[PDB]
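Chain letters correspond, in order, to the sequence lines: A, then B, then on. All chain A residue numbers match the PDB entry; in order, they span 31-100, 113-433, 459-818. Here the PDB entry sets the residue numbers for chain B, with the shown residues being 32-100, 113-433, 459-817 in order. In listed order, ligands and their atoms are each counted from 1. Scope of the values below: all heavy atoms of this structure, side chains included, with no hydrogens, waters or symmetry mates. This entry, so its header tells us, was determined using X-ray crystallography, 2.1 Å.
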Amino acid sequence: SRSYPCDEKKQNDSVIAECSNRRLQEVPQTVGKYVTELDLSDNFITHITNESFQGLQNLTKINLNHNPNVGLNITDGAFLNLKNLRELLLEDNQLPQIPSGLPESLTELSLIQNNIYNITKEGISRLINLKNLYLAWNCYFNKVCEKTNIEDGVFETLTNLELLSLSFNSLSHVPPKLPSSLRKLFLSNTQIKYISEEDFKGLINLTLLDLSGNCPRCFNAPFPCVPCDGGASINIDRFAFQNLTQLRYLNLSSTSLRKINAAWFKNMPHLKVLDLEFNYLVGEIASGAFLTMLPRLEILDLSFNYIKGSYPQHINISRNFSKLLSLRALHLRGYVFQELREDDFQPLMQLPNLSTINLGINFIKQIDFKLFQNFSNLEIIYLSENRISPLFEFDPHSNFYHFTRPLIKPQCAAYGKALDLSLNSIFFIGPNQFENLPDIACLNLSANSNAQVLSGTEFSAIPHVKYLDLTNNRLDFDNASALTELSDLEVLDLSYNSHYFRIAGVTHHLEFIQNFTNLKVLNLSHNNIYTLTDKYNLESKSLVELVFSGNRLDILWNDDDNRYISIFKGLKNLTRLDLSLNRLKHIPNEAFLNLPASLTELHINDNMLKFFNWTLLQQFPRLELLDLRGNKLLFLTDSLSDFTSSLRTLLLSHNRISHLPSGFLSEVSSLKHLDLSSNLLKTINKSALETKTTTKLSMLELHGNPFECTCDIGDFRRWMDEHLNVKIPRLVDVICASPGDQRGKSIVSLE
Amino acid sequence: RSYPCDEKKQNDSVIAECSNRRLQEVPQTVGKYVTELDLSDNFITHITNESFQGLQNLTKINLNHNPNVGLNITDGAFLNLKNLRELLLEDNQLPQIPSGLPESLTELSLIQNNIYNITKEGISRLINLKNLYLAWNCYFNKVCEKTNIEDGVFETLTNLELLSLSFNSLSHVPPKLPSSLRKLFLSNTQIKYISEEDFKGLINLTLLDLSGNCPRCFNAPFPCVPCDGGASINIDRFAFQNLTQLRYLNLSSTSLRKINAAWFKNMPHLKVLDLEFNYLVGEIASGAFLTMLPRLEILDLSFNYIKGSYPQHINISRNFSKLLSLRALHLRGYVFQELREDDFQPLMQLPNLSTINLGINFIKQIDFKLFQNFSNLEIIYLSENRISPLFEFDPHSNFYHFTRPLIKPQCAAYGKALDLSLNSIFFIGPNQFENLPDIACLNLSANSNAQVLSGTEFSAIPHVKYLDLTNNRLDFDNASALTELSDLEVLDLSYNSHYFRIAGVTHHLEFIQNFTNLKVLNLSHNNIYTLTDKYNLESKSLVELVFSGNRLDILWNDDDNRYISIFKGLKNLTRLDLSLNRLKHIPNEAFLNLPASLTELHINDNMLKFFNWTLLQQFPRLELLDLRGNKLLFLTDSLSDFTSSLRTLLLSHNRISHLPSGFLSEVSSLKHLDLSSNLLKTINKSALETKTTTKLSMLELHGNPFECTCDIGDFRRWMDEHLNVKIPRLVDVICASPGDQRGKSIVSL
Ligand SMILES: *[C@@H]1O[C@H](CO)[C@@H](O[C@@H]2O[C@H](CO)[C@@H](O[C@@H]3O[C@H](CO[C@H]4O[C@H](CO)[C@@H](O)[C@H](O)[C@@H]4O)[C@@H](O)[C@H](O[C@H]4O[C@H](CO)[C@@H](O)[C@H](O)[C@@H]4O)[C@@H]3O)[C@H](O)[C@H]2NC(C)=O)[C@H](O)[C@H]1NC(C)=O
Ligand SMILES: *[C@@H]1O[C@H](CO)[C@@H](O[C@@H]2O[C@H](CO)[C@@H](O[C@@H]3O[C@H](CO[C@H]4O[C@H](CO)[C@@H](O)[C@H](O)[C@@H]4O)[C@@H](O)[C@H](O[C@H]4O[C@H](CO)[C@@H](O)[C@H](O)[C@@H]4O)[C@@H]3O)[C@H](O)[C@H]2NC(C)=O)[C@H](O)[C@H]1NC(C)=O
Ligand SMILES: *[C@@H]1O[C@H](CO)[C@@H](O[C@@H]2O[C@H](CO)[C@@H](O[C@@H]3O[C@H](CO[C@H]4O[C@H](CO)[C@@H](O)[C@H](O)[C@@H]4O)[C@@H](O)[C@H](O[C@H]4O[C@H](CO)[C@@H](O)[C@H](O)[C@@H]4O)[C@@H]3O)[C@H](O)[C@H]2NC(C)=O)[C@H](O)[C@H]1NC(C)=O
Ligand SMILES: *[C@@H]1O[C@H](CO)[C@@H](O[C@@H]2O[C@H](CO)[C@@H](O[C@@H]3O[C@H](CO[C@H]4O[C@H](CO)[C@@H](O)[C@H](O)[C@@H]4O)[C@@H](O)[C@H](O[C@H]4O[C@H](CO)[C@@H](O)[C@H](O)[C@@H]4O)[C@@H]3O)[C@H](O)[C@H]2NC(C)=O)[C@H](O)[C@H]1NC(C)=O
Ligand SMILES: *[C@@H]1O[C@H](CO)[C@@H](O[C@@H]2O[C@H](CO)[C@@H](O[C@@H]3O[C@H](CO)[C@@H](O)[C@H](O)[C@@H]3O)[C@H](O)[C@H]2NC(C)=O)[C@H](O)[C@H]1NC(C)=O
Ligand SMILES: *[C@@H]1O[C@H](CO)[C@@H](O[C@@H]2O[C@H](CO)[C@@H](O[C@@H]3O[C@H](CO)[C@@H](O)[C@H](O)[C@@H]3O)[C@H](O)[C@H]2NC(C)=O)[C@H](O)[C@H]1NC(C)=O
Ligand SMILES: CCOCc1nc2c(N)nc3ccccc3c2n1CC(C)(C)O
Ligand SMILES: CCOCc1nc2c(N)nc3ccccc3c2n1CC(C)(C)O
Ligand SMILES: *[C@@H]1O[C@H](CO)[C@@H](O)[C@H](O)[C@H]1NC(C)=O
Ligand SMILES: *[C@@H]1O[C@H](CO)[C@@H](O)[C@H](O)[C@H]1NC(C)=O
Ligand SMILES: *[C@@H]1O[C@H](CO)[C@@H](O)[C@H](O)[C@H]1NC(C)=O
Ligand SMILES: *[C@@H]1O[C@H](CO)[C@@H](O)[C@H](O)[C@H]1NC(C)=O
Ligand SMILES: *[C@@H]1O[C@H](CO)[C@@H](O)[C@H](O)[C@H]1NC(C)=O
Ligand SMILES: *[C@@H]1O[C@H](CO)[C@@H](O)[C@H](O)[C@H]1NC(C)=O
Ligand SMILES: *[C@@H]1O[C@H](CO)[C@@H](O)[C@H](O)[C@H]1NC(C)=O
Ligand SMILES: *[C@@H]1O[C@H](CO)[C@@H](O)[C@H](O)[C@H]1NC(C)=O
Ligand SMILES: *[C@@H]1O[C@H](CO)[C@@H](O)[C@H](O)[C@H]1NC(C)=O
Ligand SMILES: *[C@@H]1O[C@H](CO)[C@@H](O)[C@H](O)[C@H]1NC(C)=O
Ligand SMILES: *[C@@H]1O[C@H](CO)[C@@H](O)[C@H](O)[C@H]1NC(C)=O
Ligand SMILES: *[C@@H]1O[C@H](CO)[C@@H](O)[C@H](O)[C@H]1NC(C)=O
């Protein structure tokens, strides 16, 4: 009664089947009859018939995206027997037509990324319960494809349709006879040059309209882009939006706009998000009558409207920006200007809820920082990727014109006001650099090629920084007072500052670490640390997590050198230590015993350990997680229970373990998760996993072992049957390497 | 075929390379004709009379690093070897010098062991010794004993030329050294004092190494023990008075604060003087000793900085003008802020001075015009400063500095070289390079340069032929970039991915077409995936393009036609590196647009599941094709249909499962075929069918999971019948199955 090939998972009172990416040649007939959702994506399935899903009474969702994985044949009426089927994902299946006889019960159908150039009544009109219909990306770029034929009135019978996406197809015109139930209409990149008055006239419920990419701005496009003749603007009739009273979202990115008709927004009192990226609106940004029409606008994106070849001294912001009373975020990337002056952002300064200013990628050379102070509620000052100095490749489910990840890492932003100056050229922080700023909590100085010696005075003007990112610089740690002016500092990321650390002959000082009363997380990764000056030990009463990966503990803990034997011992509060990627072949016993007894989580993965002393776990009574993945370990103790009472997770994947000793699991009651995958186990003896006492083992990973599928595997097979509480994932990847004829088969399948 | 060793005859020598082979004992299958034998890095734990008992022809044995994961040698184990000359026993954890070693020995190496007693019984009867290495037996924080040197132990060694006792605790120079000595290494031996009598007899001495005695310990990257109070080594006035032939003196890290000029009174041929890691800032300023060295060619004064001191200027004595033969001056780690023209006046008088090394000095500013006032200056090494817009240790290498060239020989070969790497010249202004000499070789690597090169930046040094701009942030937004360098031949733009990764900014590589002499171009690791307006790279001159570590997977995406001819315009190209481009497949049209001139094509380390072999028809000059590290499972039936120029095919680290009939005899042009690390059970006779004999030379097959049954017999016969065909490391060509033959070489059955 152990499910195969799928993995069943409890989700919200129901069981779903995860069966994706398992090299399945066809729909498995062993799917649990009670499953409500079935993910069969990324397999090699080529055929779907009315026999594929028999008996699955309560199946509401099927994902068949990407079959076969590098044409899916679906018979007429194949899904008709599934009475509860609501959502059917058929993306990236090379479909030539919409499948015939789709179930009337469908509320969601996705046919994205196929070869469908004809939307017919035979295919669609009978699907009267459809709410969401995705037909995007069937004909686009330089793909060899036909222009899309939309049968007249095909969508007319879809009276519950709320979302229609037709983006990235050749449409030429907005389809007539759209149902008035529509809430979201996606028509991006459809080669529509003209929007008439009758196009959207009857869509009184529309909350989103996407017309982006029609008459695109094609200069420097990272895709094959074809402009309207002459690079003309999209042509939107004066009355084209007169009846869209409920509109909240309007995307007009890359429509080659030079002029925004203010009348378009006359009847849109709820417009909340306006996307105007990749146009030619520098003029409109400066004057902009339309800006007076949007008192409820929360997000305005005007990025990449730069004038080709133009590098003006200043940005020109209309006084009418002051009329955007509800504005929360303003995105002004790729405007391109040399200098940000205080008077230039005047109109923005009285906006009550404006919390985000995004000025990335403007080649700004200099800024008058005191201006941000004159704002009302600024939480995020994003100035990444400028020139500031001292003193299919496109995801069809993502935004096409910008990334959607947060501007600031949420862990950093959570502390408070953020200033992102990453990817600039602040190579030196002088006495006055950070004066007249707001109370910054989150400061990003990553990749500024800063080579200075932090001395303890640089951040004095912003003394309440909690999270400081100084990664990817070339910092010279030659002063024990470095960063000490930041008394409340909790997170310090110093990753990738290896420049000076790798030079044996210069001085290196890390003693400043001990000064902080509140420092919790310190990342020293990829710094090539192998030698320190005078003080060889890291010390801190507060530090909870140290990432020391990508350094040279192999040199630090070299047998002929005693000096670094206690390097981490003074981190009394430490619970997480990452020692991965340190080229470790062995850890001296005395060095290992000098690791903080307070550790709950220890990572030594991706080294070259040929040796591990399991006995030393006796000195780590709080240790819960031990990660030894990706080493060269051959040996497993048979006495683990004598060495730990606390270990919950033991990760041993990608090692050279070929034998599981008798009584390995005996009396280790704490162990919940054992990962032995990608090792050299040929079998598992009865006595290996046997126990008399209580065991809370709930996960055992074994995939990627060269199992011997003779009768010697019978005992473990029996053990699997008697322990269904113990999940073994990727059973299709738990594979017989022998005998010659049983090769490639799952061990779960054997007479 | 030799097993397990790889035996090769080289100019009146026969060498068996048997190293790193997991050997558990000395093989009895060594060829009798073998002279030099390398058994290093195996698991041999025992050496006896029986071990080499069959081999009387051995002149050289290397047993270093055995066993890799202590080596036991019986008394007289090597004694029956009459021709044994060189014996290498390094890193074997030997507790003593092996007893009964053969008197025929001329070189013996006991480096990196546990030997703490140097005795007559072990050494004194080895009369023919020239080179004796005993270094690194007791050092740093190793648990070990003081070295005992039995009185007169070296006295019978009257042919001894080289003696190395470095990194052992000696405390004194051993007495009664043979006068035949040419080189004496005594580094890091805790010798505080040098008397007049210590080197008295050594009339033939050309090298003396006394480094690391009374060391300078501040910031040492090793366990370092200073003399009491950090005092200097104590060298008597007359200590060197008889060292007439000396060419090399190493006094690095001996805590010298003073050099006695009289040390060099009788030393007229001294050539290399090493004074690193001392406290010689004062002597560098005065330096009476500088008058005593007319034939000195190399002088290393690196890392003599005063602790905590950061002076404005370097103080060079006028006496430096007396070093008329000086060729290289090394002044790293002196530490000063500014170099003025007047500070180097004494050096400008030196007729042959060709290298100045000022690395790691934290220099802020340089008056570059000073470099014009040198006649023979060929290397100006200013790497790793602060210039801005205007066991852990190899016992066989130098301990105090790296020995590699300061500047790549390929760069320096063009002429006067200037290395400004690892500085802060983040943009080049109009006057940055004025008053420089005529530079042929320029390194600007790692300067955080983010500027848009515009065609004027290098006008003052227009004859640069090799330009290294790696590891910067260059913004290629101008089509005239670098065009002022008419004679440019090698251009390295590796690791400037900063702006290439941003889609929204413009990217311009059109400048490549403007050079008439550009031969080699390195565009590696730039993450290039989009270009502005011009999608093609063009050059009539370019011979080599390195495009590794970019995004050809995106450039050659199925839905995009724009980059289909990206390399077509490189008409002279013979070598193209497309490695690390995340390629799952290459569009047929894209591959056909690769330059027909190609002789060498690397597509290694991608993710290719497919390769159209027929497309090789359009490459008549193709000789090397590198397809290593992909996912390929399919070879073409008939390869000679598609190529006749192919000399080398590298298919290792793929998923190849069967070899089509006729493959191994198919291509008359093929010499080297690499099938190592694939998925092979056998090579069938079908594949070995021969109308005509193969020109094959090398065939790599190691790492394949061969099944070992009577069906390989047909391949074994082919192995025996073709010996012109070299198949390397047969001990790693190994049966995977069945269990009894598992782990064994296919030649064993
Ligand atoms: C023009 O501008 C308009 C308005 O901004 C853009 O419209 C957005 O389009 C994007 C991309 O299609 C939409 O983002 C996607 O939304 C899907 C629906 O999410 C809804 O429901 C889920 C849960 O049911 C909620 O969590 C969510 O808040 C919504 O209520 C998501 O399923 C998508 O996420 C999935 O895919 C992404 C990308 O692979 C993964 O990262 C996720 O993990 C997940 O698997 C995705 O978030 C967005 O909803 C649209 N906005 C609105 C308001 O509808 C246009 O994209 C833009 N035009 C172009 C061409 O750029
Ligand atoms: C220098 O080193 C530091 C310290 O390690 C790194 O910063 C940490 O980065 C890790 C990721 O590697 C962060 O851990 C992840 O954080 C996410 C936090 O999500 C928050 O909100 C969610 C709900 O949305 C909550 O569940 C959660 O409590 C948080 O409040 C999690 O989503 C992640 O969990 C997922 O992945 C991990 C494996 O990576 C699994 O363990 C989880 O089960 C789950 O699958 C994860 O926890 C961590 O928060 C960062 N710490 C800080 C202080 O920022 C730096 O990235 C590193 N610098 C460099 C350059 O590498
Ligand atoms: C104090 O200063 C003195 C004077 O400079 C230093 O003396 C040098 O010491 C180094 C390091 O031991 C010597 O370098 C080694 O020389 C060996 C001898 O090679 C000679 O003969 C070979 C032919 O076999 C010639 O090719 C060569 O030109 C020489 O004539 C080499 O065999 C060594 O190379 C081997 O090991 C290295 C490193 O692993 C590899 O790179 C090579 O591939 C090779 O396998 C090595 O180069 C040097 O000879 C000494 N100088 C002189 C003139 O004798 C002291 O080292 C220094 N003290 C300290 C402690 O630094
Ligand atoms: C950007 O890309 C460029 C161009 O590829 C790189 O520059 C080249 O780097 C390679 C090293 O990978 C250099 O090739 C090497 O040259 C050495 C010097 O050759 C001299 O001596 C040989 C024989 O004595 C002569 O044939 C030659 O004329 C020279 O006089 C060789 O010793 C090396 O040989 C090694 O490889 C070959 C097989 O390829 C073997 O036969 C050898 O046994 C040995 O293993 C090698 O050929 C090359 O010289 C460089 N070219 C230039 C113009 O500098 C840059 O490194 C790269 N930049 C970055 C950052 O990666
Ligand atoms: C400080 O600024 C730097 C530079 O902008 C920020 O680095 C960027 O961080 C983001 C978020 O982690 C990275 O994007 C992510 O990459 C991962 C792995 O590729 C991907 O899985 C995510 O979906 C996301 O795309 C981005 O690569 C990185 N940029 C660079 C050049 O390093 C950093 O986050 C900032 N730090 C703080 C505290 O905000
Ligand atoms: C310009 O300056 C840069 C920075 O100094 C030079 O880079 C350095 O190049 C040397 C020579 O290749 C590297 O040393 C070598 O490394 C290889 C690979 O690890 C090793 O096999 C060799 O034995 C040798 O140690 C060195 O790592 C590298 N330094 C850095 C920081 O990249 C560059 O060579 C200079 N260019 C020219 C043309 O002189
Ligand atoms: C050859 C270097 O010896 C030690 C050293 N390390 C550093 C360092 N990490 N940074 C420095 C920054 C400015 C000036 C001097 C130094 C410096 N220095 C020089 C000095 C100030 C004399 O210690
Ligand atoms: C969002 C930018 O779009 C195009 C662009 N690319 C670059 C570039 N690679 N570098 C620049 C350097 C200085 C000033 C402007 C630019 C620039 N610019 C701006 C402009 C001068 C208008 O082309
Ligand atoms: C479908 O769901 C019902 C509960 O609504 C459940 O009783 C029934 O067993 C399920 N059918 C199958 C075949 O599992
Ligand atoms: C500002 O935001 C708050 C909620 O965060 C909202 O209640 C208020 O109406 C907003 N003010 C304006 C001017 O829209
Ligand atoms: C660190 O730098 C400050 C400011 O330059 C200086 O006052 C202090 O002496 C330095 N601390 C040291 C040398 O450890
Ligand atoms: C140790 O870490 C815990 C959890 O982060 C924290 O509450 C405590 O303040 C730390 N101890 C000290 C002494 O800072
Ligand atoms: C493991 O550690 C213990 C010290 O607790 C030591 O006695 C034992 O020798 C170690 N095992 C090995 C083989 O290093
Ligand atoms: C060395 O090898 C001999 C066998 O020739 C053995 O008898 C002796 O015990 C070994 N000595 C040591 C200490 O290993
Ligand atoms: C040593 O040198 C002096 C000359 O400086 C000479 O008188 C004496 O004979 C020499 N001794 C030897 C051993 O040659
Ligand atoms: C300088 O080197 C040249 C060889 O190019 C040589 O003729 C001359 O003797 C050298 N001069 C001195 C003073 O060593
Ligand atoms: C140039 O070098 C000569 C020695 O050849 C020296 O006498 C003179 O002072 C130098 N001139 C300058 C301007 O440094
Ligand atoms: C490149 O830069 C130079 C100097 O600014 C300028 O004159 C020229 O117009 C530029 N070339 C272009 C934009 O192609
Ligand atoms: C082709 O390359 C070689 C250099 O390897 C050169 O001799 C020849 O001039 C090049 N062809 C042209 C047109 O530059
Ligand atoms: C290989 O390329 C040739 C074009 O010359 C084409 O005819 C053939 O179909 C291609 N083979 C494959 C499998 O793509």
Q.
Out of interest, what does the PDB call the drug at ligand 8?
A. resiquimod
Q) At the binding site of resiquimod (ligand 8), which chain contributes the most contacts (name from UniProt)? A) Toll-like receptor 8
Q) Which chains, by letter, have non-hydrogen atoms under 4.0 Å from some atom of resiquimod (ligand 8)? A) A, B
Q) Among all protein non-hydrogen atoms, which one is nearest to atom 18 (N) of resiquimod (ligand 8), and what is the separation to 0.1 Å? A) A:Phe405 CE1, 4.0 Å
(Q) Is there a polar contact between resiquimod (ligand 8) and B:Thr574, counting only N or O atoms under 3.5 Å apart? (A) yes
Q) Should A:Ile349 be listed as contacting resiquimod (ligand 8), given a heavy-atom distance under 4.0 Å as the test? A) yes
Q) Among all protein non-hydrogen atoms, which one is nearest to atom 9 (N) of resiquimod (ligand 8), and what is the separation to 0.1 Å? A) B:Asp543 OD1, 2.7 Å
Q. Quick one: does B:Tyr567 get a heavy atom under 4.0 Å from resiquimod (ligand 8)?
A. no
Q | Nearest neighbour in protein (non-hydrogen) for atom 2 (C) of resiquimod (ligand 8) | A | B:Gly572 O, 3.7 Å
Q) Which protein heavy atom lies closest to atom 19 (C) of resiquimod (ligand 8), and at what distance to 0.1 Å? A) A:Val378 CG2, 3.7 Å
Q. So which protein heavy atom does atom 20 (C) of resiquimod (ligand 8) come closest to, and at what separation?
A. A:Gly351 N, 4.2 Å
**Q.** Contact residues, resiquimod (ligand 8), heavy atoms 4.0 Å
**A.** A:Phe346, A:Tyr348, A:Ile349, A:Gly351, A:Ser352, A:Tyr353, A:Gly376, A:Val378, A:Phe405, B:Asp543, B:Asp545, B:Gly572, B:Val573, B:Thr574
